[PDB]
> 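Got a PDB entry here containing efavirenz. Few questions.
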Amino acid sequence: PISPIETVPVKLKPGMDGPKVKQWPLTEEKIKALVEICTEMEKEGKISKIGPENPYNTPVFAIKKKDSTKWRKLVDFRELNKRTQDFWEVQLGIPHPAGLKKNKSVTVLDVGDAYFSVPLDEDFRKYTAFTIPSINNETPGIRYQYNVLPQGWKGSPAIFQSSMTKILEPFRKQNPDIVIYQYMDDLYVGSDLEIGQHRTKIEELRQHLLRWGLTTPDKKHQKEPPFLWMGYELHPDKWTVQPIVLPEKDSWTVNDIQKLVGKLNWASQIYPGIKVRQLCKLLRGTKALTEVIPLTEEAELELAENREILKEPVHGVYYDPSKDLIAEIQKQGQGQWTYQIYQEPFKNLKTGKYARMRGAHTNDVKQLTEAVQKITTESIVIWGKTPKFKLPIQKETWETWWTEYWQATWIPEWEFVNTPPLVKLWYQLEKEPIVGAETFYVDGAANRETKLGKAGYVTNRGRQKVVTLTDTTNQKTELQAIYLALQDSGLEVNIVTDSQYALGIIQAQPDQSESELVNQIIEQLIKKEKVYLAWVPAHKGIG
Amino acid sequence: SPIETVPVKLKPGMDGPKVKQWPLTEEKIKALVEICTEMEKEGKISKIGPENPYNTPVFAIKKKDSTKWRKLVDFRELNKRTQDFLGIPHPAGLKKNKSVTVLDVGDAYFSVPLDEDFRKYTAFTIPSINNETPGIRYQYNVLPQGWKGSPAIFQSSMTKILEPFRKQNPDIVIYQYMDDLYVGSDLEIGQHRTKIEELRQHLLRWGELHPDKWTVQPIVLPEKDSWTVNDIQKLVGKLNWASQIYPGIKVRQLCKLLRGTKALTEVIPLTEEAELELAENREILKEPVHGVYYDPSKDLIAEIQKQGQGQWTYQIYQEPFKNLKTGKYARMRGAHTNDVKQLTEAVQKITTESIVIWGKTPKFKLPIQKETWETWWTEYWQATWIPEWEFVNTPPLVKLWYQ
Ligand SMILES: O=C1Nc2ccc(Cl)cc2[C@@](C#CC2CC2)(C(F)(F)F)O1
């Protein structure tokens, strides 16, 4: 079955010439097969015989397809694939089940062999030349060249999709009520028609595909739901998490632990509650992938507690365009967020989790923002719209923060949902000096070379202190300076510094950092009642 | 309906842009597919296969003056790899004009065809929700709007079309920047608006703005009756920083007042010397620094700072501290809750002035996270062009200053 669609013009990479490879010496059997095989597609029109006017060649092989003692072939286009031009990206993006709509019935039509159905570019064919070996290398070489898309060739996938995309455009317009997801050599067709009516349309489309030479399996060979889709198992009315099985075992190797955390982490998305903290600790210092590790009981408790979470599978439902989208977010740990997108409460579409490492110096609100942003995007990619958000943050809070942050930020129409823990600002710097408050003139500096330093302060109330630091850097000095001022201060303080780093860091009301010291300061700040922080030029000899 | 097409090429060695399309909302996709089927009928653009490896991002916006959607392509990458070039001049006229009105003339281009061999370089793609399908691939056959090569090639045609109005109304300035046409006159609002409607018809037959009103805002120094240790501190901080623009500024006399571990709240009187040092400074800041001249051969830069409460500040310079112009901006009525809105409005206003004054888009340094901007800027854009931009972290100092 050969296709009548127009061929895609193909060209070799800028200034390169076709493959000039050899044709491995074969056994009487291997040659016997190929000859028969070729003669088969030869009559089919798949390949044709080419004269000596073709100086190209690609190595051909013969392998007995496992399960069948019958001979099968294979052509090595590696060389060709290198010399071939680039095409557009074949995978725009993965269709996520949560994006699928609910259908009464659906059937998948595996096309597969269709490759050999799509005609190759008339002019490019010559480069697809290959030769058959004579048992003892008598005299000639029974040459052929590909006359259609070749298995394993670079272009095949790319070009097949297109063709497939075209051969479907007409049908796509006619039966809008019908859905068809294109994906590799699979054709996913779902609808809301009554089963019989559906089977009909299937055949209709099926014949349509056949109208262009595309051979597909009939009803009696079509695969039926539920469908094994990347991690998910989906039925016409719902999708389900293909329950995860954790191999219970004696000894554990490093490698094993990795793969475990792999699986485990992937599941964190769906089963929030999964933990790997202890499990991850086992890697520390690992010398070999095949090294075995003594699973700590803490890791035992955790690993077990997981096997339970991964017990109760959880189903989910599909997208209903008529319904608006609702995304809700919860704060799990520090910089650990969970969200779910549902159209009807408890009836989830998707759920994920995010873990934003300490980064540098960030805060919860910012983070939240980053999540909303991330989620927003997923949404535009899956459903084309952005969900209304239900956020654990007081409108007053959000307002106070964004109107005063230096960077442009924003959250789409969202609504406060009183579901603790709520995100809040852990402190705020006074806008002006605190009247009747001690004033600390903190300074810090360290010898970049020796890493020796002093940090200290003096106040309007005559108090003072200084400290010499070993193995430090200038910036840790400036911060330390401030830490002291915060320690020895008391509920209310005015702190002037000449440090720009700090003024920066803190003024950005961060509530978490990579730097322990900052964390220290931060804690100290939350503790205070009122803190005013001022900056002044350094080496200007001020106060 | 073709004409003899001019041959265009990419700068030597360069290859076609291959830019990934950003996910688009449903609402936008529809607008596009609709907008493109018709353009395909009309033979403007044509579907293309996979054998075309290039791509340029595409999307849709809608100006206030129109509830209908408008397609926009991001040729920034393509424009950048396109050969330069018969010419396109820039006047200093409208820079002074009383009133200028911008006209979206993009349309004209679609009349002119595009050199076969180059067309491949305009392949763009319309995405499918949840990737149900490999997006749609098109490629222009005519001059694309927003491509630097279009106003050029359509140079001839344009000049002609205009000449009448030109020397017939010479008391008017006409500038063209890509898909836009800037018209400036000192003729009072009545005549200006009517003359404009007059010119429209002239073009249609074929197929508010106020310069000077924009004066670089001087850096003002606050006046107190009494000063607190903090007040002087804040002040000295600003001047110190400002000496970078005016080396004339001195701060020693005030720094003297700050000697001692005093309480920020403590009140302090000014020595007659500090009174002078200050007064003298005030004067210096009364005018923009000497020696700042627009160097056409260098990149123009725009820096913006969120001042909050709705305000934003920005500066255009080629060399740090040698601003060509600085300004402020108060959020448009309505963007009262969303920054991105404002920032995109702000960027656009500036890019415009830029064009008006130097006929060159500034490169923007934006106070926002990339992710944020990329996610929502398209929602508020209403300009045919797209300037270059980078994201940064506003050094609080450069902020208090312009405040
Ligand atoms: O939007 C829907 N609805 C749907 C509902 C249940 C199932 Cl099991 C499958 C689908 C479907 C798909 C698909 C694979 C490509 C992902 C189909 F296209 F209909 F086949 O996409």
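Chain letters correspond, in order, to the sequence lines: A, then B, then on. Numbers in chain A come straight from the PDB entry, and the residues shown are 1-543, in order. Chain B is numbered as in the PDB entry; shown residues: 3-87, 92-213, 233-428, in order. Side chains are part of it too, since the values below use all heavy atoms of this structure and drop only hydrogens, waters and symmetry mates. First listed ligand is number 1; within each ligand, the first listed atom is number 1.
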> List the ligands or chains that belong to efavirenz, copies included.
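The answer, copies included, is ligand 1.
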> What is the name, according to the PDB entry, of the chain making the most contacts with efavirenz (ligand 1)?
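The chief partner is HIV-1 RT, A-chain.
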> If you measure heavy-atom distances to efavirenz (ligand 1), which other chains fall under 4.0 Å?
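By heavy-atom distance, the answer is A.
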> What residues contact efavirenz (ligand 1) if the heavy-atom distance limit is 4.0 Å?
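By heavy-atom distance, that gives A:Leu100, A:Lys101, A:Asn103, A:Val106, A:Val179, A:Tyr181, A:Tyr188, A:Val189, A:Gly190, A:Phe227, A:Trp229, A:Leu234, A:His235, A:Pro236, A:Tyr318.
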